[PDB]
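The following structure: tefibazumab with Clumping factor A.
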Amino acid sequence: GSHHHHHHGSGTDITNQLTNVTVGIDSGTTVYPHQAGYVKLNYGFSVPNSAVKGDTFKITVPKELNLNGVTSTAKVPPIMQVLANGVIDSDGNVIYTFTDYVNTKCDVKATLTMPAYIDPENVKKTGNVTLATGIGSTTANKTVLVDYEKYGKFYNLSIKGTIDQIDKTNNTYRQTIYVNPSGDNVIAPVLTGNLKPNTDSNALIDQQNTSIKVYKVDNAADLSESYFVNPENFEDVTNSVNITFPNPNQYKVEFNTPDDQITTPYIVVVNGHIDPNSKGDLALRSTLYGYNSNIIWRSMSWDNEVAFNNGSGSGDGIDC
Amino acid sequence: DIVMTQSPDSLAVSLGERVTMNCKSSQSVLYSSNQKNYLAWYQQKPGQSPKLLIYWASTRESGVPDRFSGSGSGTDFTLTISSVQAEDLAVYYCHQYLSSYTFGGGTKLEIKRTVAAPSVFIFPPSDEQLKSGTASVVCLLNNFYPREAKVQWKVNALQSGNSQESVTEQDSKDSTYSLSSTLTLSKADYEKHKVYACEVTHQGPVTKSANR
Amino acid sequence: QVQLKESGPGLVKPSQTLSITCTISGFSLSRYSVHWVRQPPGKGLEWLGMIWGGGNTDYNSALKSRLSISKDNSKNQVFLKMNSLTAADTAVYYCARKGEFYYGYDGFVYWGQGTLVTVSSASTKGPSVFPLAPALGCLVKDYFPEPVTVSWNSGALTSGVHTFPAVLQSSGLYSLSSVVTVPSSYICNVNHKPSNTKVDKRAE
């Protein structure tokens, strides 16, 4: 079952024949994507007795949102006996295809809730965003503040990280780390990547399982707050740093400059693996060590954990 | 643990010829992201600290002669000496630094020469010593080549345990070795037998025996 | 110039703690990590652990329970401590340091000369010197610690001389054989500093 392979055929889009349409967006006045914040998209509709297997309807989802969040592939929930199975198209919209249930049922009505997440590429910056979703002529709008908040900082050591592209079938994940986003001077900077202490974590961190790329940021303004990163905007300095794997499930990166200090941010993109023989918990700790001008040794660390949500969908009807 | 294994433990060299040594790793030491092989080679002489010759598989360390080169990738690696000199006689160790730090068991270079049999001697326990109530029989193999030699004591009874041997370093003007084997028995045990034997096999099977 | 020199005891009992010092020059200890690595007689090398400039330490997993590394930047000193010792901890102990940034990794470029630590319960003892009678040899038995120095005819019988590496007996004492090849008509001169002993046995 792959989201890269779709199937079509007989049937007609009966979106505009949906009766009793209501749409809603459940969220707070503020959404914090990096604190596992999300919204709920709610939908209700009556289906025409006229409907037959293969007829489709379209739920319009805005580019400011995606449905996959921290995982790499979105699963839209089936409306339930299965009334309708759904799929995500190239625009991000959800096309549902009605089953056989509707070939012999009448007065059919349904409900749907889908978790949705602020998309990092389309909402790169903190700020208000009007979210719009709908079905046919019925659109709902909700204007919300998207707040990506702030990196962590202790003395002259700044760091934050994000996790996405969690793929529980190929056993991989991505982690994107901003090192020194404060634009501090740091001397003898060292980054270590670990499992989060005393927490169930199934990351395998080592030279075979963990691909690390390091980008130098010559213009901090180019950094998104969402942690979307396109490597083409920055300088790839992977080959000039020291990357090693000094302890079980730990990596270490020394920036190793000629004057043994950094004055700019660095982005570290970690493409790693999950332990196939496990529940696949992901709890990580990223630690930035460094001296200040006074040569007192300090570290700041950032923890990454994740949450998972499921939508639902129910439908009733009567034998004709 | 990435384990490092070097194939030829000992290597016989002709002063001037091309010596290659193998080193192998139990997992790859080429990290795919930076395309670097985290591999070093070290030289060591008998009383001195190791000396870095080669790092990143093929980067020659400053000061090291041009006759040394390193090649390989992934799990298989090689240290070459274009033409071996007097000072090249030493031990060589490989080493990886990608996943903590580990070393290979090393490869000793020795000078190659023609085969030469040991002259075998036996020496019974001295009378002076017998006074200390302890008996050491000494078997000596002088000036032989190669080193590989099996010494076995008969007391017509094979002696398992109860012996110790040491071998000299290759002679600087002969390219030859020297071996001394000591069989130690109690006084009671030594006095309860006659006709002890030192049998010695080599590539150059002679028994040198004495009767009590 | 960057320098390192290891000092410690020569001998240490298995009931005791091994304590080594690495004295550093030519760089600041707070800016460079220093490693410890050891080498048993006639065997290969084994990383023990390291202390970062900032004070963090990493240990070899197989020895972490028995090992502590610490330092004093003030005094340019790095310290190694090892308890629960056995004969297997008899080794030359080295401290070592990486090359400058352009090497691209933290490894072993600058080494100390190393310091032999031998773990042993033995007490100082002088050797018994027995003649290996006619090949003529001297059997130098049951001494501690090393080394033995052997001469032949106060240093005139230099040719054909074979004085072997000592072997450690199960007793904890050493013995060695020294031999000279001859045609006949003759005295080996054996010294052993740490017991004020001197012997001169003759040949039959």
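Residue numbering restarts at 1 for every chain, and letters A, B, ... go by the order of the sequence lines. Both backbone and side-chain heavy atoms feed into the values below; hydrogens, waters and symmetry mates do not.
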**OP:** State which chains or ligands correspond to tefibazumab.
**Re:** chains B and C
Original post:
Which residues of chain A count as epitope for tefibazumab when heavy atoms must be under 4.5 Å apart?
Top reply: A:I187, A:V190, A:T192, A:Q207, A:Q208, A:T210, A:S211, A:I212, A:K213, A:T238, A:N239, A:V241, A:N242, A:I243, A:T244, A:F245, A:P246, A:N247, A:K252, A:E254, A:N256, A:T257, A:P258, A:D260, A:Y289, A:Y291, A:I295, A:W297
Subject >> Heavy-atom contacts of tefibazumab with chain A, cut-off 4.5 Å >> reply: B:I2, B:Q27, B:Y31, B:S33, B:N34, B:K36, B:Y38, B:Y97, B:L98, B:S99, B:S100, C:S30, C:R31, C:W52, C:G53, C:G54, C:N56, C:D58, C:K98, C:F101, C:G104, C:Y105, C:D106
Original post:
In the PDB file, under what molecule name do you find chain C?
Top reply: Tefibazumab FAB FRAGMENT HEAVY CHAIN
